[PDB]
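Shown here: risedronate bound to Farnesyl pyrophosphate synthase.
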2 protein chains.
Amino acid sequence: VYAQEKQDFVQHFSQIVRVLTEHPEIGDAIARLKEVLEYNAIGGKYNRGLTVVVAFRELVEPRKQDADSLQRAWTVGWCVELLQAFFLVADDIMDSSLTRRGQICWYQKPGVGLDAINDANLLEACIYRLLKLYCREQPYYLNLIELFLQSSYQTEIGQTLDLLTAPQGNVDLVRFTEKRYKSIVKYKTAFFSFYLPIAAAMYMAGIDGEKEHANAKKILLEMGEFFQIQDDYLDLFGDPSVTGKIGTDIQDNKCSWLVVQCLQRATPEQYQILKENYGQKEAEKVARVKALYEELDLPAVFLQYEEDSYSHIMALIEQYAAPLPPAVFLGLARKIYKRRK
Amino acid sequence: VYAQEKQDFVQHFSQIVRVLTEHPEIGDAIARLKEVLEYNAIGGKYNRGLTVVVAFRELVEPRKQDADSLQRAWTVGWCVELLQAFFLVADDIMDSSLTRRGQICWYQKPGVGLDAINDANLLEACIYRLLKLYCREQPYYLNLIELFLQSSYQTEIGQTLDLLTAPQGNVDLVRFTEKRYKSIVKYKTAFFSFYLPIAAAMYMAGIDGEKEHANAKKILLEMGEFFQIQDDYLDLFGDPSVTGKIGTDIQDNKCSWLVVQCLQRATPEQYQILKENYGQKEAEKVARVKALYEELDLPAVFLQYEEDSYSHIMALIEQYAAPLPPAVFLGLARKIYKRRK
Ligand SMILES: O=P(O)(O)C(O)(Cc1cccnc1)P(=O)(O)O
Ligand SMILES: O=P(O)(O)C(O)(Cc1cccnc1)P(=O)(O)O
Ligand SMILES: C=C(C)CCOP(=O)(O)OP(=O)(O)O
Ligand SMILES: C=C(C)CCOP(=O)(O)OP(=O)(O)O
Ligand SMILES: [Mg+2]
Ligand SMILES: [Mg+2]
Ligand SMILES: [Mg+2]
Ligand SMILES: [Mg+2]
Ligand SMILES: [Mg+2]
Ligand SMILES: [Mg+2]
């Protein structure tokens, strides 16, 4: 259903750009906004934007799916894609990344640099511009504004947790626990990537109940934790030509799922190898950490976690999906299960 | 009236921090938010926050100024101070600044660096948290959310214009015109610093009329243009112990009011001196540009502009203040007239 809707969803980007780039004095700034939008909102899997589109089709009665209603749905999907673009442009600066989605990071582009900070905020500003342009007269207008605002705050608190546990130049092996990992990942990824697209479609379909949103959240935050674990696995063991980005977690002293599991299985001698080689820019030290991971059979430990966690998410769908069609959660789950990009 | 209300307004910051820093898992992130708030929202003149407080007192009938009403007013004032903090933390990174408000820029602090990007977004997130906590049940709640969102977009478009006209490593003397200057300054400063605090107080007082907001805007955008001109003058000719920040406009190849006037009065020989020495990090080249400014009597040209512009703003107050008390605009105008900090 995602694979089918992909070309239809991407075809609507042209309109999104047209409406956002429509006063001659700000001409150069609006021209730069188009360049920012084209570079940073295109090239990913569009899982978040498509989740809004697919979930709205499954939650709204077909006779109530008019052309204006469907336009609002993929506009809101594109708003989640812009939120993604905002966080990625800033995250690549802060993680000193090289590539994103098969091309050099926007801030690494000659002539951009730290101007990417303001470009990132512009991407965030376009969300509320589109919500005003297409959803201002709708009963769920305020619920969507607050949902996009709260999802941004939650991600930013998660990003604070990610950066505080990963100080440059300091050994922070003590703080790389399972409890700390779950808290980072819940806030930095699980809310905006999984709860936000489904919650937006739910509000657009008139499902605004506290209990329904709490039940959907129980499934989606677990799906999010699992998705970040896959992302951490891919940082080191994924193919950069497929993933589109070069890994930096070891160099960046990140509280990765991999380092958390390494610490749980490592011998005192192996702990010292990790202490001496983690969180440093040296290629030989990064190679040493990877060798330790492969030695502790961490790629196979990931295969077993992925199996066990997927069954747990399936048990959560069975418990908390009702009254929503289970396909809403199953579609996204199958889209991310056994991920390689 | 500003001078009197200053200590009262600053005394409320403790509550603002308490309510924003009130889940044990996010403890370290919330602790970092307090550090960000204390470092970056304190030390300025509080002109924007005080404008909300003073204007709300002058627009609302005293019998309608209850304790809850007054708390909402200085909370909204503090929301404008957080918007200021957000833009300043990011602007200092992008302008490669050293000091702000008498202390080293937050990003220049050891252990902060580019993590300041996420800290800046957290400051922006706190605005909407405070609006939800204190104004969610009020009739002007949505008008304030949209006003803070539109004022952020306008500033960001202004910041895009500021950065596009100031490329590092390129001579952009051709684009340093009066028409381009007016457009940068209108968007980057005039909207959020002058229109936003008065417009917020107007909405809180129930004055939501399009015509009234347009009349107030005509005065306040001119006041804003004037305020940025003073800021550009102070960048080079102000005392860093008084202003609290070290100037970077010449080094940063900025389209400053000073360089616009220099180009309008310079001889072809003087134009070449400017071409060869502007927009470069070399101390001897910056000293050369300053010498040219002093040679063209630019400090005296600023004294005359400040006089003529203040009379024009006074003519605009006389024309467009009604039905609002002129003291609303006069208070802010006298607070910024002959500025040195
Ligand atoms: O794409 P990335 O950089 O692997 C990531 O997933 C990006 C990201 C940005 C913001 C929130 N969550 C994840 P990260 O956490 O840095 O591993
Ligand atoms: O404090 P600054 O850096 O002099 C300034 O006024 C800061 C600022 C930030 C954002 C919008 N407007 C002004 P700038 O424009 O860089 O001269
Ligand atoms: C929140 C995370 C883990 C960042 C990357 O998400 P995606 O893997 O969905 O990246 P894109 O498809 O948008 O490129
Ligand atoms: C928008 C501009 C010109 C930035 C500085 O404003 P202020 O001069 O008001 O600085 P603070 O008092 O908040 O420190
Ligand atoms: Mg990151
Ligand atoms: Mg990253
Ligand atoms: Mg990653
Ligand atoms: Mg600037
Ligand atoms: Mg600056
Ligand atoms: Mg300045």
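Lettering: A, B, C, ... assigned in the same order as the sequence lines. Per the PDB entry, chain A residues shown: 9-30, 35-353, in order. Numbers in chain B track the PDB entry; the residues on display, in order, are 9-30, 35-353. Quick note: numbers below take in every heavy atom, side chains included, and nothing from hydrogens, waters or symmetry partners. Just follow the structure's listing: the first ligand is 1, and inside any ligand the first atom is 1.
- All instances of risedronate are found at ligands 1 and 2.
- Heavy-atom contacts below 4.0 Å between risedronate (ligand 2) and other chains occur for B.
- Among the UniProt-annotated dimethylallyl diphosphate-binding residues of chain B, those with a heavy atom closer than 4.0 Å to risedronate (ligand 2) are the following: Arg112(B), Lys200(B), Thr201(B), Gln240(B), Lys257(B).
- Protein heavy atom at the shortest distance from atom 16 (O) of risedronate (ligand 2) is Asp107(B) OD2, 2.7 Å.
- By the deposit information, the source of chain B is Homo sapiens.
- What the model shows is no covalent bond from risedronate (ligand 2) to a chain.
- Of all protein heavy atoms, the one lying nearest to atom 11 (C) of risedronate (ligand 2) is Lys200(B) O, 2.9 Å.
- Of the options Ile258(B), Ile196(B), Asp103(B), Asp264(B), the smallest heavy-atom separation from atom 8 (C) of risedronate (ligand 2) is shown by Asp103(B).
- When non-hydrogen atoms are compared, risedronate (ligand 2) lies under 4.0 Å from neither the backbone nor the side chain of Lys266(B).
- Taking only non-hydrogen atoms, the option from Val101(B), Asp243(B), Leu246(B) nearest to atom 6 (O) of risedronate (ligand 2) is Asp243(B).
- Under a 4.0 Å non-hydrogen cut-off, the residues that form the binding site of risedronate (ligand 2) are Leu100(B), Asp103(B), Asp107(B), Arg112(B), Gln171(B), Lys200(B), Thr201(B), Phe204(B), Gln240(B), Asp243(B), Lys257(B).
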